[PDB]
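Report on one structure; see the data block that follows.
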There are 2 protein chains.
Amino acid sequence: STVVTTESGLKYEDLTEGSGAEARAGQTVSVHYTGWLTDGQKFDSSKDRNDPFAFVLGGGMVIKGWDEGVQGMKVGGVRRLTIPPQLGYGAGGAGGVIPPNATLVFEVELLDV
Amino acid sequence: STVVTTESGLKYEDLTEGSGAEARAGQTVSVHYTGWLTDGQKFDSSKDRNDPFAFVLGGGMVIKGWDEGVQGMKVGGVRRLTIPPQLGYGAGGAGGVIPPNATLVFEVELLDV
Ligand SMILES: C=CC[C@@H]1/C=C(\C)C[C@H](C)C[C@H](OC)[C@H]2O[C@@](O)(C(=O)C(=O)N3CCCC[C@H]3C(=O)O[C@H](/C(C)=C/[C@@H]3CC[C@@H](O)[C@H](OC)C3)[C@H](C)[C@@H](O)CC1=O)[C@H](C)C[C@@H]2OC
Ligand SMILES: C=CC[C@@H]1/C=C(\C)C[C@H](C)C[C@H](OC)[C@H]2O[C@@](O)(C(=O)C(=O)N3CCCC[C@H]3C(=O)O[C@H](/C(C)=C/[C@@H]3CC[C@@H](O)[C@H](OC)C3)[C@H](C)[C@@H](O)CC1=O)[C@H](C)C[C@@H]2OC
Ligand SMILES: [Ca+2]
Ligand SMILES: [Ca+2]
């Protein structure tokens, strides 16, 4: 599989190509995800909480790297997103668990569109 | 299991009580469903299309019997809704497949909240 670096500095890699319907901005999508810091510390997993995550793709409610990175996935696909801090939580960080200026690694599995 | 007739004339029956989180108005929920006319003709199944259905519970986008009937389900639950036409498609019917003045029977399985 390839690593694509977009104009924003986002990087993504389709670990598994989906065979089902394509995700586009406007759709309400459902995913499983895991999130890690670059040192390999896991900060979240929806699979561990047994709770698929739904959001409006392109809705401006999730971090920029997600609204961008999830577009183009197909249902069944697993995509790895490497999100620079300016497309994540920036200088501010989050919840005392994501530090300032953190690059974030997510693996995202698309369950439904 | 019991059959509850609500103030609106909706009837519902929890065929299977869910063990997980409760559905409330405001949440984006995901369900599988099958829909039948009272004569036993199936008009739709999201399971047959392999496509869970997401909607905003209480969002005024689905027929009245759904916005009402899905509230109170728990994740894992299967509820049967018997929807009189005034809480469904009324005198107008739908898609040439649901006739005028049709009572509708849905079985709804809650997958996520
Ligand atoms: C309002 C009540 C809580 C409400 C919570 C939910 C619906 C439950 C939902 C599963 C979130 C998780 O709850 C277990 C948990 O997910 C993380 O662990 C995580 O993996 C993460 O990073 N995710 C979640 C998956 C999508 C990407 C990213 C996100 O974009 O999340 C969004 C996020 C935090 C955006 C910030 C918002 C503030 C801005 O200032 C900032 O702009 C820089 C961007 C989340 C979805 C918000 O839209 C909505 C909420 O927050 C966060 C590390 C902390 C977060 O808990 C808060
Ligand atoms: C806009 C583009 C299409 C858009 C379609 C989708 C998102 C795909 C989604 C799976 C719908 C199904 O597509 C395969 C299909 O589901 C049925 O088969 C069905 O089982 C049904 O009855 N459902 C769907 C499940 C929730 C309850 C009910 C409904 O409330 O559905 C809603 C409905 C029709 C409401 C009418 C709207 C008009 C009002 O005038 C009327 O007020 C009386 C109420 C649907 C979800 C609308 O909100 C959105 C849409 O329609 C209909 C028999 C026909 C419908 O296809 C159209
Ligand atoms: Ca969920
Ligand atoms: Ca769907």
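Heads up: chain A is whatever sequence line comes first, chain B the next one, etc. Following the PDB entry, chain A residues are numbered 1-113, in order. Numbering, chain B: per the PDB entry, residues 1-113 in sequence. Start at 1 and go down the list; that is how both ligands and their atoms are numbered.
- The drug observed at ligand 1 carries the PDB name tacrolimus.
- Ranked by contacts, the chain bound most extensively to tacrolimus (ligand 1) is, in the PDB entry, Peptidyl-prolyl cis-trans isomerase.
- With heavy atoms closer than 4.0 Å, the chains neighbouring tacrolimus (ligand 1) read A.
- Only the side chain of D44(A) comes within contact range of tacrolimus (ligand 1), with a heavy atom under 4.0 Å; no backbone atom does.
- Close to tacrolimus (ligand 1): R49(A), with a non-hydrogen atom less than 4.0 angstrom away.
- Of all the heavy atoms of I98(A), the ones lying under 4.0 Å from any atom of tacrolimus (ligand 1) belong exclusively to the side chain.
- Less than 4.0 Å from tacrolimus (ligand 1) sit no other ligands or ions.
- With respect to covalent bonding, the partner of tacrolimus (ligand 1) is none, since no such bond is modeled.
- For the ligand labelled tacrolimus (ligand 1), residue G90(A) lies outside the 4.0 Å heavy-atom shell.
- Closer than 4.0 Å to atom 24 (C) of tacrolimus (ligand 1) lies at least one heavy atom of the protein.
- Inclusion of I63(A) in the set of residues having an N or O under 3.5 Å from an N or O of tacrolimus (ligand 1) is warranted.
- The single protein non-hydrogen atom nearest to atom 54 (C) of tacrolimus (ligand 1) is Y89(A) OH, 4.5 Å, given as residue, atom name and distance.
- Residue-ligand proximity: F55(A) is placed with every non-hydrogen atom at 4.0 Å or more from tacrolimus (ligand 1).
- The set of residues with a heavy atom less than 4.0 Å from tacrolimus (ligand 1) is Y33(A), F43(A), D44(A), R49(A), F53(A), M61(A), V62(A), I63(A), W66(A), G88(A), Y89(A), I98(A), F106(A).
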I'd like the atom pairs linking tacrolimus (ligand 1) to the protein - N or O on both sides, separation under 3.5 Å - with distances to 0.1 Å.
residue, atom, partner, partner atom, Å
tacrolimus (ligand 1), 16 (O), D44(A), OD2, 3.3
tacrolimus (ligand 1), 18 (O), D44(A), OD2, 2.6
tacrolimus (ligand 1), 20 (O), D44(A), OD2, 3.3
tacrolimus (ligand 1), 22 (O), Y89(A), OH, 2.6
tacrolimus (ligand 1), 30 (O), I63(A), N, 2.9
tacrolimus (ligand 1), 48 (O), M61(A), O, 2.8

